Engineer: 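Here it is, the structure, as C-alpha cells.
Here is how names work: the chains are called A, B, and so on, in the same order as the sequence lines, proteins then strands, and each is numbered from 1. Remember, it's 1-based here, ligands and their atoms both numbered in the order they're listed. Only a selected region of the deposited structure appears here, and contacts were counted within that region alone.
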Amino acid sequence: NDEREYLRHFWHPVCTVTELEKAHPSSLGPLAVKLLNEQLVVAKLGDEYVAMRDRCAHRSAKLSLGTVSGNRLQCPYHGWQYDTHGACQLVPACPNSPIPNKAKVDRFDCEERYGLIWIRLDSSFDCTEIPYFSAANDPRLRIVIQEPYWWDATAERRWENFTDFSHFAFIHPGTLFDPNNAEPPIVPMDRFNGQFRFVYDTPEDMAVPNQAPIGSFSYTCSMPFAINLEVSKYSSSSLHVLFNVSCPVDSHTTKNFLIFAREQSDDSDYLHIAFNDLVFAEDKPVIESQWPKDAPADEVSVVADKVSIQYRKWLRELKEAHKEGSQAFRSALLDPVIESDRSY
Amino acid sequence: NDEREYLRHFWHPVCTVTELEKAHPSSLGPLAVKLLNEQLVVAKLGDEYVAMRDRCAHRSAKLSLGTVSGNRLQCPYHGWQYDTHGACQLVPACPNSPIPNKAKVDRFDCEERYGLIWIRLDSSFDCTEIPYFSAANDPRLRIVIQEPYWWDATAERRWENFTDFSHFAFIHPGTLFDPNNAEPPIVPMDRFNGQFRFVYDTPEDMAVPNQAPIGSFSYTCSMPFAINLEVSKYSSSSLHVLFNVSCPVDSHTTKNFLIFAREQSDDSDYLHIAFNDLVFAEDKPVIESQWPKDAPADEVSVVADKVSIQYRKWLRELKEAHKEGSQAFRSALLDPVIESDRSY
Amino acid sequence: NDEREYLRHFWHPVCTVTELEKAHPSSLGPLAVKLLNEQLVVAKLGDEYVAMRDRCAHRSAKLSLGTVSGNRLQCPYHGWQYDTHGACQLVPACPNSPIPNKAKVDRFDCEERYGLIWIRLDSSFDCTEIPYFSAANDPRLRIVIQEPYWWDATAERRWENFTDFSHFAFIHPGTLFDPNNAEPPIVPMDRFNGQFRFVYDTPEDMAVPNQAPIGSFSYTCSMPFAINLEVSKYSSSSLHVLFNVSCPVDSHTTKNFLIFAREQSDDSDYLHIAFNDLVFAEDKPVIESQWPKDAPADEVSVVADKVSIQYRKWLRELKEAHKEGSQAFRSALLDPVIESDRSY
Amino acid sequence: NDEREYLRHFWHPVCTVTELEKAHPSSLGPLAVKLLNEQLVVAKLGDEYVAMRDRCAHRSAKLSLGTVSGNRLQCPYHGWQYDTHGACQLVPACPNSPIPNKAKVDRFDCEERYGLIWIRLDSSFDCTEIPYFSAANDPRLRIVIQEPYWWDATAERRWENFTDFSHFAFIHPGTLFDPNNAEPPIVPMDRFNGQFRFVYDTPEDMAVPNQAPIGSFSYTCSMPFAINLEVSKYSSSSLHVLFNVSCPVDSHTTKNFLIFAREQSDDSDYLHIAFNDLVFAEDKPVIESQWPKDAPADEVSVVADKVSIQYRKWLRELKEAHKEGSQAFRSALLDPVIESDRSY
Amino acid sequence: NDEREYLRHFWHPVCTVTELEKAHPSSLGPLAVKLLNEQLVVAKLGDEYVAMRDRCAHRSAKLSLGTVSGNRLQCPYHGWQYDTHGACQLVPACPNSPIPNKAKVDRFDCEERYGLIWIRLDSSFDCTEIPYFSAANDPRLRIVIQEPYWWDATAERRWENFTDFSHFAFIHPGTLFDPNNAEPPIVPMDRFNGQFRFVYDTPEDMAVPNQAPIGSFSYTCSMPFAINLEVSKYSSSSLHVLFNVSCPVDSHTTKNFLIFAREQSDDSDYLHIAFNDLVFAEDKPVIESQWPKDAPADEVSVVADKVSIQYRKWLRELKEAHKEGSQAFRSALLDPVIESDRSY
Ligand SMILES: Cn1c(=O)c2c(ncn2C)n(C)c1=O
Ligand SMILES: Cn1c(=O)c2c(ncn2C)n(C)c1=O
Ligand SMILES: Cn1c(=O)c2c(ncn2C)n(C)c1=O
Ligand SMILES: Cn1c(=O)c2c(ncn2C)n(C)c1=O
Ligand SMILES: Cn1c(=O)c2c(ncn2C)n(C)c1=O
Ligand code: FES
Ligand code: FES
Ligand code: FES
Ligand code: FES
Ligand code: FES
Ligand SMILES: [Co+2]
Ligand SMILES: [Co+2]
Ligand SMILES: [Co+2]
Ligand SMILES: [Co+2]
Ligand SMILES: [Co+2]
C-alpha cells in the first residue's frame, strides 16, 4: 500500500552473486527476483549486472525464462533482445523493419557489492547508498556469505528481532545469553550519515559456546534494513562481524542475508554456519507468529525497548519526509542526531 | 462480522479437555483455538481454565507458542508473564519499573463442562448458559467423548444436517434408515428455556445395524448450535444419548464435537465410535458441497423442512433482538413458545 | 466478468465424451465442469446430454454428487429429481404435495459433437454455432481425440500461441521449425461465417521429424477459440488436420482439447500423440509466464503479428457489438470481410 | 527354481501393442519387459516384433535405453546395432575391423496377436501355440483391450481365482453373484488340443447389474494361464467374451491382461471397463493375501474345487513330462481326455 | 567379498572435509561412512582425523551417534571414551576399576588430502599411497571440490566410463564430442609407480561449449579408482584438470568425488559445475543400467576398448598377486611397464 512507497528509494539486496551464477547453466543469469512486490530479472550483461522488469514489451513473457546473448537479454518467446538500458535492439521476425519506439522495458539501478546484488527501484531522489559492511577489504578477516533464508515476517520485524536486547534470554538461552541475563541497559543512539550507531557491552562469563559471537557490540545500522554488528568477543579476544540485511520481498515475506567475518579463521566455517542457523531457527517461529505482520499502534513498549522505539520513530519520519519530496527526505535520512559522547 | 456478532454472546466449545492436555508436554497448554474468526489461547493456570486473545500486548507474538508456569502464561518472545485475568505481572527486562497499565490482554469466560472447554466471548447480556447434556451425572450411562471432527461447512448447515428427517433415506440408507422411509412426519416444536424441544418416533423394523441409535427420538436443542438427542432404542429397549455441538471456527469451517452415552455399556466403545464415524463420513461430502456456505434467501423449502424452517426463523429473531439490546435478546432467547401438548 | 460476458454467447467444450462416461460407474455422469467460472453439472438423461447449474434448488447441494435415474438427475441430499429442463418433478419427502414453482435449476444448451461435450451459457442472440472441424465424417481420415491438457493461461493467449508464426523458431527449434526461419510472411486474412480463414506456406526442407505436421497450412478459425488447421504435409504429401480448442474455465485457466486426423493412418497413433505432447510441453512454460493473464493495452506489436493484431481487433468488435445487442453482435460475427483472392 | 523351467516352453503375453508404442516417442520401442525373471527388450524392427535379452554383448548396458534405427536396435552406450536375429551388424568405434564373432545377444520367438505381444523363451520342444481368443475376427463383436493390471500373486493363483465358482458369493456379492448362491455344480471337464474346456450355467434372476457378464458360461482355457470365457448373458440375450491371461513376471508377481468383446456394443466401453475394474478390485486383496505364494500340499480341497483340483493335476503332469523330454511333454499337453458328452 | 579383499589395501576417499565438518554442530564429527561394506566412523580428535569401526565394544551402539570430547570419541550409550588408537580410556560406570583388555575397537588409517578424507582398511602390505592430484599446490590454478555424487554402479564400471573414448559420441553428443567422432585412436599405455599413464589428442573444431574441457588429454590414473586428467584446452589454450575418484561403498554403489582445477579462473565456478553435472547426468542412466554390476567374463571387447582391456588385465594381476602376498602385490602394483616413447 501507500505506506511502502518510500522504501523504493533505498538499495535492497535481492540475491547473492552465487544465486545469480547458479540460476542458469551459462552462469550469466537470468534470475527472477522479487522486491517490494515487483517482479524483476537480473542478468550479467557484459561487465555489468542489470535489473529489468521481468516482462517483455512484446507479449508479456517473462524474460527470466530467456537467455543472455552477448551483452543482451533475449526473450524466450519470439527472441527480442534487450540491451543494458532495457531497449530492444533486435526483432528477429522483422529484421528489416524499424523497431517500435515503445519496444523497451523498465530498468533499475543495479550493483554488486559484498557478494550480493542490490537494486534501487526509485533513483529520483538520488540520496541513498548501498549499506555499509565494515569487514569488506579488511585482509585480517575471513568472510563467509551464507545462503539466504526466507521468513514469513516483514523486514521491519526482522530488524527489530536482530537488535533486540531483551529476547536473548528467552529465545536463545542455550545459545547466546544466560536465561538470567534478561535486563538490558539503555544505550545512547546516534544518527549519522543515514545510519543508527550504538554500542552494547553484553554480560561476561555466560555459559554459551565459544563460537557464540558474544562480547562488546558495536552496531552500524544503514537505514532501513541493514545491520553491521562488530563483536569484540570475550572468549577469544578476536573480532567477529555479522552483517544482516532483509530483502522486503512483499507485504509479508523477507529474503534474508547474513554475511559474517572473523579474525580467528583457522577453524571450520561450518562451526559458525551451524551456530548461525541454530540462532535463526530459534527466532523464526516466534517472529513469524507476530500478528498483524506490520506493528500496529496498540503495541505496548517498555523502557528496555529503546532501540525498537527509536527505529520506529525514524522510519515514521522517513515516510513523512518522503511525502514532502526529495529535499525533505534527504534531510530526514542524512541529518545527524547525536546523543552519545563520541567524536563525529 | 456484523451478521455474526450476536453469536459472541453464547458459550461455544473450542476443544476437548484431552486436546488441551495433549497440546503441550506440560499437560497445561497452551493451545491455540479459533472461534468466530478470533484467535484465542487456552491454558490451565492452577485450578482454572483460562482463555485470552492469542496476541501478546508487547510485540504481538502468539502466547500459544509460550509456556505455562503454574499460575502464569509466559510469552515466548520476551517472557512477559500473564495471570489468570490477562494482566501482565512480570516484565523481565524491567523488573523494577512499573508495568504499563496497557500491558494486559483480553480475557474471556472459559469453563470446562462435560469434558469440553467452553468460551463465551461476550458476557454482557448475562443470560446464556452452557448447552444442556441430558446424560451428565446419570450413573446409569457410560459416556464417551469422541475426538473432534472438522468440516468445511458452517455451524448452521451442520445443525440442520443433524436434525434433518428427510435426508436419512438418501444419505444413510445402509446405516440409519431404510431407503423406503423418505416421508417424515411434521412434528410440533416447542421453545423453552432457550432450547428447541421436539419428538420424532422413527419407523420400526428398519434393516439397520443393532448399534444404530434408532427409536423414539427426544430432542433438546440448546440454541444456537447444540443438540441433545435421547434415543429410546427399538432394537435394545435401552437409552442412547447423542450430544452434538458445532464450534463456529470461521465463516466456512466447523470444529464439531460428539459425546454419546449409553445404558447398555458392556460392549465396545469402538463399536459405537466406528458407527458414528460412518454416519459422519456419509454426511460430510454432501454437506461440504453446499454452496454458498451460508443459506441464501433463494433456497426452496417444502413442508417436510419444518425443523430447518423454524430454526432459521429463531436465529433471525435472535439476530434482530441482539441489535435491540440485552432485554430484547433475553426475551427472544428465553420466552416460551409451546406448540405441543406437553408441559415443562 | 464484465469484460467476459460476451463469451457466454458462444459454444465452448467442457469435457470429452470419454471423461463424461468415466466420471461415474453408470457411464451416464454426472460430471462436474466449470465454464467461465460457472459451476455446472453434465449428465446423459436418456438420449440427451444435459447441463445444469451444479446446485440443487432445495438446500444448495451439488448435483454432481448425485445419480442419474432414467430420465432424471437425482440430488444426493434429499433425492429431489430434476428432468431435462431443470425442473424438479419429484420431492420424495412430500410425494403428494404440489412441487414449489421455484423448485427448478438453470438449464443450459448442451450438445455432443466430434466426441466433445459443448455448452452455450447464453442462447439469447441465437447466432452462434459449434466450431467447425473439417475432418468430421471424412472417411479418408483416422481421428484421434487426445486427453485434455490444462494450462495456467487464458483462452485468448492460447489461441494466439497456436497461430503465432514468429515463435516456432524459438520455442520449437528441434521440433517444428528450423531456428533460422524466424521471419514469417504477412498473409491475407478473411472473415467468413464467423471464422478467420488464412493460408500459410511454411518453409520447405527444414530439419524436423517426419511426423511433424509441416507443409501448406490452411486455417479455419471458428471465433473465438477454436482452430482447424489443415496441413498438406511436404514430407508425406498427405493430409493432417489439427483441431485445437480452449475451454475458458475461469479468468486464469484453460482446459484445452486437441483432436487430430490423418490420411496416412497405418502408423501408430502414439507417434503423433507423443509429438503433440512435445510441442505442448515446449509452449507451456512460456505461455503460462505471460502476465498479466489478459493482454493489456501496453503490449507492443510488430508487423509480423498480423494474425494476433487482427484477432484482438475482432474480439474487441464482438465485445462492443454485444453491448449494442443481438443484431449488432450477429453483424460483427457473421458479416464477411475478405482480403484474399479466394471466393466463398 | 527348477519348478518353473517347464513354463518357459509356453507363449506368454508381456505387453500390449499400445504399451510398446507408448514406450518411446518413435512408437517403435524399445520397451523393457520381464518374463519368468528374464529381463527382455521388445522392439518393432521393420515389419517384425523382436524380443532380445535386455543386455548388450559389449559392456552389458540395457538395450531398452537405446533406439530403433532402421530395422536394428541400437545400444545407448557405444551404439552397437543389433539385427532381428540378435546379431551385431555395426560397431561404430571400429568401422573397418571385423565384428567379433561373439557380438550377439539371445533372441526369442516373439509375435503380436490380439493386440498383445507374446514371447516364448524356449522353442526347442516346438509344440506350443499362442492361446485361443474366440472373439478375434468376429465382426459381430466390438473388442476392448484393457490396460494391464499388476498383482502380487502368481499366475497359477490368478488362474484359479478366475475360474473359481465358489468365491463369487463372498468376494463379489453386489457385483457378480447373489450372496445366497454359494453352492456351485460339479461340471465335466475336457482336455482337447492343450485346452481345458467346460461349461457352467450360472444362477438366473440374481440381483446384479445389467452390465455384469452373467449367463451361460463356456470356458476354453489354453494351458497354462489363458482363459477364454464366452458368456451368453441372461439379461440381454447377447454374447460377451472375457479373455484373461497372466504374464508370470517372476516368482511372486503377475502382469495381467483382460480383453473383452461384446455383441451389444452401442453402450459405453467405460460402463464395462469400470465394472471389470471393480471385480478386479474385489479380488485383489484376498488373492494377494494367499500365502505362501505357491500353493503347498497342505491345502484342503472340497468337491466344489473340481476345476482347481483338475488344473493342479494337469500342471503337475506337464512339469513331470517336461523332465522326460519333448515327446512326453507334447503328449501330456495335446492328448485328449474327454469326460463330457460333446462331439470332439 | 573374496573377490574384493584386495581392494582393502588401497586408500579410498570416504567423504569431503566439508561433509565431516557439517555432520555435527561441533564441526569435529562424528560422521558415519561406509567403505567396502564396512560401517566406519570418522572424527577429528585434536589435530588428527581418525577412523574406527562404528560399533562400541561394550554393547555395540554406533559411535557415530556419539560426541567428540577433546582427544576422545564418546559413545552415546554409556559414555565409554575412545582414544585415537581405538582404545577405551574411560568407563564412567566403573571409573576406578581396570578397563578390560578387550575394551578396544578397530582403528584404521585415515588422512586428509586435497580436501577429501581417505581411509585404508588394510595397511599390511605397506605399498599403497593416496592417489595423485596434479593441481595440488599449483598456485596458477583455482580448485573447486564438488559435492559427492552417488551412483548405483561399481567403482570399476565408473572408472571405465570415465576413460572410455568410444561413448562420447553417443552419450555426450551435445556436450563433449561431435556425434560423428565415434572412432577413437588406439593409444600407448604406461604403468609407472602404480599409475596408468596415457595421452589422447581429442578431435579439434567440434561443436561443443567453450567450458567443455576438450583438448590434449593427459591421464595419470592412480590404481585402482582415481583418474587425474590434465586437459590442454583447444578453445582457450589453458589448463583444466579433472580429478575423479570413486568410493566403493558396497557391491552395488559408489560415492563419487570430482575436484577440478583451472588456469583461467576469472569466470564463474558454476559455469563449470553445471557442465560437469550435465556430463554426469548424461552418463548416469546408462552406467546404472549395466548388469550384472561386476563385468562378467562374457563381455565382448573390440580393439577400441584398449584402455578398458588393459585396466581389467591389471586389476586381475593385482587380485592374483594379493593372494601370493605382500611382495608379489608390491611388484604387480609398482613395477614399470612402458609402451610409449616417454621417459619417467
Ligand atoms: C542477533 N544476533 C544474531 O542473529 C546472531 C548472533 N550471532 C549469530 N547470529 C546469527 N548474534 C550475536 C546476534 O546478536
Ligand atoms: C443425526 N444423527 C447422527 O448424526 C447420528 C445418529 N447416530 C449416530 N450419529 C453419529 N443419529 C441417530 C442421528 O440422527
Ligand atoms: C500450433 N501447432 C501445434 O500446436 C501443433 C502442430 N503440430 C502439432 N501440434 C501439437 N503444429 C504444426 C502447429 O502449428
Ligand atoms: C472371473 N470373472 C471376471 O473376472 C469377470 C467377470 N466379468 C468381468 N470380470 C472382470 N466374470 C463374469 C468372471 O467370471
Ligand atoms: C570423462 N569426462 C568427464 O567426466 C568430464 C569431462 N569434463 C567434465 N566432466 C565431468 N571430460 C572431458 C571427460 O572426459
Ligand atoms: S513476448 Fe518477448 S519476444 Fe515476444
Ligand atoms: S512479544 Fe510477548 S513478551 Fe515481547
Ligand atoms: S439439497 Fe438437493 S434434495 Fe435437498
Ligand atoms: S555396452 Fe552396448 S555398445 Fe557398448
Ligand atoms: S554401548 Fe558404548 S558405552 Fe555402552
Ligand atoms: Co534472536
Ligand atoms: Co446425516
Ligand atoms: Co508453439
Ligand atoms: Co473374483
Ligand atoms: Co561419459
Engineer: At ligand 2, which drug or drug candidate appears?
Structural biologist: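 That would be caffeine.
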Engineer: What is caffeine (ligand 2) bound to here, taking the chain with most contacts and naming it as the PDB entry does?
Structural biologist: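 It has the most contacts with Methylxanthine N1-demethylase NdmA.
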Engineer: Within the structure, which other chains come under 4.0 Å from caffeine (ligand 2) at some heavy atom?
Structural biologist: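 Counting heavy atoms only, the chains are B.
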Engineer: Looking at non-hydrogen atoms alone, which of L278(B), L242(B), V279(B) comes nearest to atom 7 (N) of caffeine (ligand 2)?
Structural biologist: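 Shortest heavy-atom distance from atom 7 (N) of caffeine (ligand 2): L242(B).
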Engineer: According to the entry, what is the source organism of chain B?
Structural biologist: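 In the entry, the organism is Pseudomonas putida.
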Engineer: If you measure from atom 2 (N) of caffeine (ligand 2) to every heavy atom of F177(B), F260(B), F162(B), which option wins on shortest distance?
Structural biologist: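 Closest candidate by heavy-atom distance is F162(B).
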Engineer: Find all atoms of caffeine (ligand 2) within a distance of less than 4.0 Å from any non-hydrogen atom belonging to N276(B), and give their numbers and elements.
Structural biologist: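 Reading through caffeine (ligand 2) atom by atom, the close ones are 8 (C), 9 (N), 10 (C).
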Engineer: Counting from 1, what caffeine (ligand 2) atoms have a heavy atom of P213(B) closer than 4.0 Å?
Structural biologist: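 Close to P213(B): 7 (N), 12 (C).
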Engineer: Quick one: what other ligands or ions are closer than 4.0 Å to caffeine (ligand 2)?
Structural biologist: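 Closer than 4.0 Å: nothing.
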Engineer: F280(B): heavy atom below 4.0 Å from caffeine (ligand 2), yes or no?
Structural biologist: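 Right, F280(B) reaches caffeine (ligand 2).
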Engineer: Measuring from atom 13 (C) of caffeine (ligand 2), which candidate in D164(B), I171(B), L176(B) has the nearest non-hydrogen atom?
Structural biologist: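 Looking at heavy atoms only, the winner is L176(B).
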Engineer: Under 4.0 Å from a heavy atom of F168(B): which atoms of caffeine (ligand 2) are those, numbered in the order shown and with their elements?
Structural biologist: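 Answer, ordered by atom number: 14 (O).
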Engineer: Which residues lie closer than 4.0 Å to caffeine (ligand 2) by heavy-atom distance?
Structural biologist: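 The heavy-atom binding site is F162(B), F168(B), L176(B), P213(B), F217(B), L229(B), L242(B), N276(B), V279(B), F280(B).
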